[PDB]
Engineer: 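Opened a PDB file with riluzole bound to Ion transport protein.
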Number of protein chains: 4
Amino acid sequence: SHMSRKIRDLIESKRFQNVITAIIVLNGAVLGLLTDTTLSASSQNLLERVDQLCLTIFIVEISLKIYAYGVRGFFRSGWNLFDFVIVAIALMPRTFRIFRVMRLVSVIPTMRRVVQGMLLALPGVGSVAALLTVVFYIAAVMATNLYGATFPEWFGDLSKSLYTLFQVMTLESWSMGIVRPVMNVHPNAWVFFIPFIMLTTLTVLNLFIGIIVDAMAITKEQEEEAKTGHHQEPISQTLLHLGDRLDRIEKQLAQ
Amino acid sequence: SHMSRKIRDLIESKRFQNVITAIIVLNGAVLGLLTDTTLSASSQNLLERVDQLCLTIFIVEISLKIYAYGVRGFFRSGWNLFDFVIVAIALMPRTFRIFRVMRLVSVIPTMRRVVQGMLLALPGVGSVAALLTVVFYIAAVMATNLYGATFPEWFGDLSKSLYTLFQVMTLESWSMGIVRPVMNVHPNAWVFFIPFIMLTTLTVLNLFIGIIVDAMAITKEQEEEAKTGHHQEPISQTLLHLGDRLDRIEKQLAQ
Amino acid sequence: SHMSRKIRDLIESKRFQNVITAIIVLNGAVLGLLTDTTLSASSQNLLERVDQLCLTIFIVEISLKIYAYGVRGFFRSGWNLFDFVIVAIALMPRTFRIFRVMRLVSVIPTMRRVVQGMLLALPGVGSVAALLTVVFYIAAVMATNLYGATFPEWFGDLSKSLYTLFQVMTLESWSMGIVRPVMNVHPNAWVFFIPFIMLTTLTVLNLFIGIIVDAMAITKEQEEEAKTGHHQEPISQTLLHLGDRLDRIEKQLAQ
Amino acid sequence: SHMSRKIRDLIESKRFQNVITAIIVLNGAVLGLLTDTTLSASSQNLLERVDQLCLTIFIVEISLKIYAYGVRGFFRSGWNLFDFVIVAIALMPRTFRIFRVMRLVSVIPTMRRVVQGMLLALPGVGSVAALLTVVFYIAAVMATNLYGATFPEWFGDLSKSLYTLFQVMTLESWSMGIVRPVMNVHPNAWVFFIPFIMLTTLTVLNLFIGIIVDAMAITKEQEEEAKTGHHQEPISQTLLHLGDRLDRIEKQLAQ
Ligand SMILES: CCCCCCCCCC(=O)N(CCO)C[C@@H](O)[C@@H](O)[C@@H](O)[C@@H](O)CO
Ligand SMILES: CCCCCCCCCC(=O)N(CCO)C[C@@H](O)[C@@H](O)[C@@H](O)[C@@H](O)CO
Ligand SMILES: CCCCCCCCCC(=O)N(CCO)C[C@@H](O)[C@@H](O)[C@@H](O)[C@@H](O)CO
Ligand SMILES: CCCCCCCCCC(=O)N(CCO)C[C@@H](O)[C@@H](O)[C@@H](O)[C@@H](O)CO
Ligand SMILES: Nc1nc2ccc(OC(F)(F)F)cc2s1
Ligand SMILES: Nc1nc2ccc(OC(F)(F)F)cc2s1
Ligand SMILES: Nc1nc2ccc(OC(F)(F)F)cc2s1
Ligand SMILES: Nc1nc2ccc(OC(F)(F)F)cc2s1
Ligand SMILES: [Cl-]
Ligand SMILES: [Cl-]
Ligand SMILES: [Cl-]
Ligand SMILES: [Cl-]
Ligand SMILES: [Cl-]
Ligand SMILES: [Cl-]
Ligand SMILES: [Cl-]
Ligand SMILES: [Cl-]
Ligand code: NA
Ligand code: NA
Ligand code: NA
């Protein structure tokens, strides 16, 4: 009965998605080729047109979408917003056009759900992250005061110290490159660095594991709802309802 | 009543498996000795005959098998196919004969099941892997543009950048060897590299954990079915059936 | 009806907490600025007053608290004790004032619960930690005896050996920096170092995983009790009570 | 009524255990002091007597034990056997006496149970370990053939290659120290090394996680049985028995 309705049906098809995916990939491949500094002037010119085309197909797509759903209903979705900004900002002649390839995530549903699970897991680890942040800040202040005068390249100011401490937490050359040189001047520096490592590696892995365990559960419920309209009821609710059926046959057997 | 049937019984015995295992090991040991560049001409000649023998015993084995199961029923199995190719390609006088030792996996059932679990887990992490791939590709394009002119050995082209970024994701000399040298020329490069590390280490570990958790469950169900013909019913189905027995005694107590 | 009661209500408000949080942050920011060695004499003087103020607001706070709860009831809490010491020791004109910023943990409840979970998990991994400790001590004695005379910088005495072995367990330059140089003199040293690595990396990760899995469960029960006054009953107790309702309807249907 | 019985009661007391623990620690402390190469002749002499004493107290202990339980019942226990060998071999005037300190594990029950869980978990990961072993062996043969002539220090023979590949699997200097130098001569060597890393890091972590998850469950059941004489019934058996109580009230309500 309606134009709008027939467009939404197009937008939401599997073929349309495949086509926009193919254009993202192509845009991506062309921006990759353009890294090649040896290119002829005409080749670069060509590739830049392919990019122009890709960007155009993107504006038609988003247009189609803002029409078929209306200004307020398109902007209802973070993903549409994201798609919109990514495409919009390219219409302002920043220099990292290649971020356009993140649209593979916004356009492919299973990929969107991976990202959604990870974003959704961030709140629940916020206290673990804050504890890490506090540990970092305190360590960076002490390292600057302790070591900044004698090791200024690594600890000369707070910024330097944070950088160095991040390197130390990743275990990268922590000993041969940082702590042994420091200990030649400050023999007890292991008393600072080895507890720092123990605590940050424990906390970071806590942070990581919390994100991953949650993100995987969220994603998995999203995949279920996407396929069947509902998710698995948690065992605890299943046992709750079993508790109810038991109450209703205990009460029924009064007489 | 049948030749075929008596051969299949041989093939499927525990003694036959032990014998083929022993020949794989021996083939493997001889290819190891042949790495020894100091060997006398006669020793090498000997070892090469032992390999020839090993390969022959393999053709008889596979023959036995294609006969006792017929062309279409042998080629029904990925493992038979794999065994077939590995042995076949050696009959074309590639240079990595040592891959023959992967037959330890195809011939030993518990080992086959480990590999089966890992292959079977690959689909379920395909979106996590694709997200990693996207992150890599985008990072490699930006690193080439940002750093290729000033650091061409590490970022001079897309290939270089991908390699370097893989090294960076593994945390290997990421700071003393790559990022500190880069920052002497581009002082804000930590703004690129430290988020890259955070995101890829999170995603890779997500990838790893997903594979392992699934592969372990799959393998474990395979080990159960191999031993008893069935696996453990998931708790959720057990609770489902408990829900059914409750319905049938709630309905029965109508009167 | 009471002063005490109206103060406790202030102390326990959300606004009061926000205010003490803001003062910790500010104290923290000022101690950070003071790392900056380039500061004018007047700037340093200013910042030191801001610290003096911050410390004062802290004494009023703790005073308020010891009054509104009484000496014995304030000192009932580890966190109050901790808050008390941190603030008290600053009234003794040690040099790491920046530890004051750990009060973000004692004053923010969700952060307190993260730390509480980790402390509470320590007992249950105490045997895994002791095993690691034993492995370290034995390794450090043997490394000193084996390698101390020929590699005294790394193994010259027990202290040196422990340090080196910690570095080796973290995998930092273990081979190019320590074990290959050692093997040029003692060709079988891989027989010591590679088992050391296998065993300590297995044990440390066991230690880490045990802490994290437990700390996460404890923290999560604390967050529940903080919000609703109780936690989730473990599935095992739920099944226990289900077993009871079954007994009471099996016994009831005697006649 | 019996000597034997009163000795076993002594052996099995908490005070006796504390005393043997204290002697292990002391033996351990003295062997540590003896690493100190600067010691006076008389100090070393003293410490060596303390060791002699410690070893003597150990023989009385084991004697007490072989008597109070009899030759066949003492040798029934792996831990007694282990205690016996450790003490016995010292009566043969090998040079790593410090292994005596592993008796802290055999004498302290919670520590014994950690080790027991890890030993008991080894069978269930045997296939994952064998797969790793196969991957290593094949990689080491190919690396020797590919790279041995041009990089003999790292790949000159099978032993060298295994060592290098272990280093590579731990990610230690894998790129700046091994693979970049190799690629200057063999530009496609990343095609060998990067898949090697992906596969071995996945497999090793699978190995590690399998050991730890199992060892923790085993240990935890052992701690339960040690305290209460039984362990927790697995949920699956609890649900089985719930299924039985349901059958017995479905069958009972026939009439
Ligand atoms: C977890 C958070 C880790 C964040 C680290 C912050 C980096 C500091 C940013 C900064 O402002 N810098 C100063 C210039 O803008 C660069 C520093 O990173 C510093 O390391 C350099 O000065 C080195 O090149 C000197 O050795
Ligand atoms: C996660 C995917 C990581 C994949 C990495 C791809 C490697 C690039 C393959 C390639 O085509 N190369 C060019 C020649 O074929 C070799 C490069 O690896 C490159 O690093 C070398 O040019 C260095 O030797 C220079 O410093
Ligand atoms: C898991 C526990 C790891 C703990 C490590 C203890 C460190 C030893 C403390 C000590 O007393 N030292 C001697 C001076 O006080 C410093 C040593 O750390 C040592 O490494 C130095 O002498 C090096 O600078 C020489 O190469
Ligand atoms: C996962 C299993 C990793 C096991 C590694 C086996 C080590 C090899 C033992 C051996 O027999 N060697 C030869 C002498 O006995 C020593 C080698 O380790 C070798 O690396 C040395 O020759 C280097 O010093 C040369 O660069
Ligand atoms: N693979 C490995 N990673 C680590 C990280 C830390 C560690 O010790 C510490 F105390 F830091 F946790 C040992 C190891 S082994
Ligand atoms: N053993 C350890 N591995 C890592 C890996 C990453 C890390 O920080 C990051 F933000 F990258 F995750 C810290 C650590 S400690
Ligand atoms: N990322 C990785 N960390 C490790 C730690 C240890 C290891 O081998 C060992 F035997 F030590 F466990 C391999 C790896 S891969
Ligand atoms: N902390 C980290 N350890 C690893 C180990 C391997 C890895 O990539 C690979 F493909 F090897 F798994 C990335 C990372 S990040
Ligand atoms: Cl770009
Ligand atoms: Cl010092
Ligand atoms: Cl070969
Ligand atoms: Cl810059
Ligand atoms: Cl300070
Ligand atoms: Cl040696
Ligand atoms: Cl010793
Ligand atoms: Cl090559
Ligand atoms: Na590492
Ligand atoms: Na490293
Ligand atoms: Na390194």
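Letters A, B, ... are given to chains in the order of the sequence lines, protein chains preceding strands, and every chain is numbered from 1. Each ligand, and each atom within it, is numbered from 1 in the order the structure gives.
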Engineer: Which ligand or chain identifiers match riluzole, all copies included?
Structural biologist: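 Counting all copies, it's at ligands 5, 6, 7 and 8.
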Engineer: Under a 4.0 Å cut-off, which other chains come into heavy-atom contact with riluzole (ligand 5)?
Structural biologist: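 Heavy-atom contacts under 4.0 Å involve A, C.
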Engineer: Okay, next thing: residues with a heavy atom within 4.0 Å of riluzole (ligand 5) - which are they?
Structural biologist: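 Counting heavy atoms, it is made of A:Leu171, A:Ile197, A:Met198, A:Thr201, C:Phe166, C:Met169, C:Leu171, C:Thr201, C:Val204, C:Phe208.
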Engineer: Using a strict 4.0 Å cut-off to heavy atoms of C:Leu171, name the atoms of riluzole (ligand 5) that fall inside it.
Structural biologist: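 Taking each heavy atom of C:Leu171 in turn, riluzole (ligand 5) has 1 (N) under 4.0 Å.
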Engineer: Nearest protein heavy atom to atom 8 (O) of riluzole (ligand 5), by residue and atom, and its distance?
Structural biologist: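 Going atom by atom, the protein heavy atom closest to atom 8 (O) of riluzole (ligand 5) ends up being C:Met169 CE, 3.5 Å.
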Engineer: Hey, are there any other ligands or ions sitting under 4.0 Å from riluzole (ligand 5)?
Structural biologist: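 The other ligands and ions are ligand 6 (riluzole), ligand 7 (riluzole).
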Engineer: Numbering the atoms of riluzole (ligand 5) from 1, which are under 4.0 Å from a heavy atom of A:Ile197?
Structural biologist: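 Going through riluzole (ligand 5) atom by atom, the ones under 4.0 Å from A:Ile197 are 11 (F).
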Engineer: Within the 4.0 Å heavy-atom shell around A:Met198, which atoms of riluzole (ligand 5) are there?
Structural biologist: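 Near A:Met198, meaning under 4.0 Å from one of its heavy atoms, riluzole (ligand 5) has 10 (F).
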Engineer: Can you list the atoms of riluzole (ligand 5) that are under 4.0 Å from a heavy atom of A:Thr201?
Structural biologist: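 Those qualifying, in numeric order: 11 (F), 12 (F).
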Engineer: Within a distance under 4.0 Å of any heavy atom of C:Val204, pick out the atoms of riluzole (ligand 5) and give their elements.
Structural biologist: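 In order of numbering, the contacting atoms are 7 (C), 13 (C), 14 (C).
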Engineer: If the cut-off is 4.0 Å to any non-hydrogen atom of C:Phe208, which atoms of riluzole (ligand 5) fall inside it?
Structural biologist: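 Answer for riluzole (ligand 5): 9 (C), 10 (F), 12 (F).
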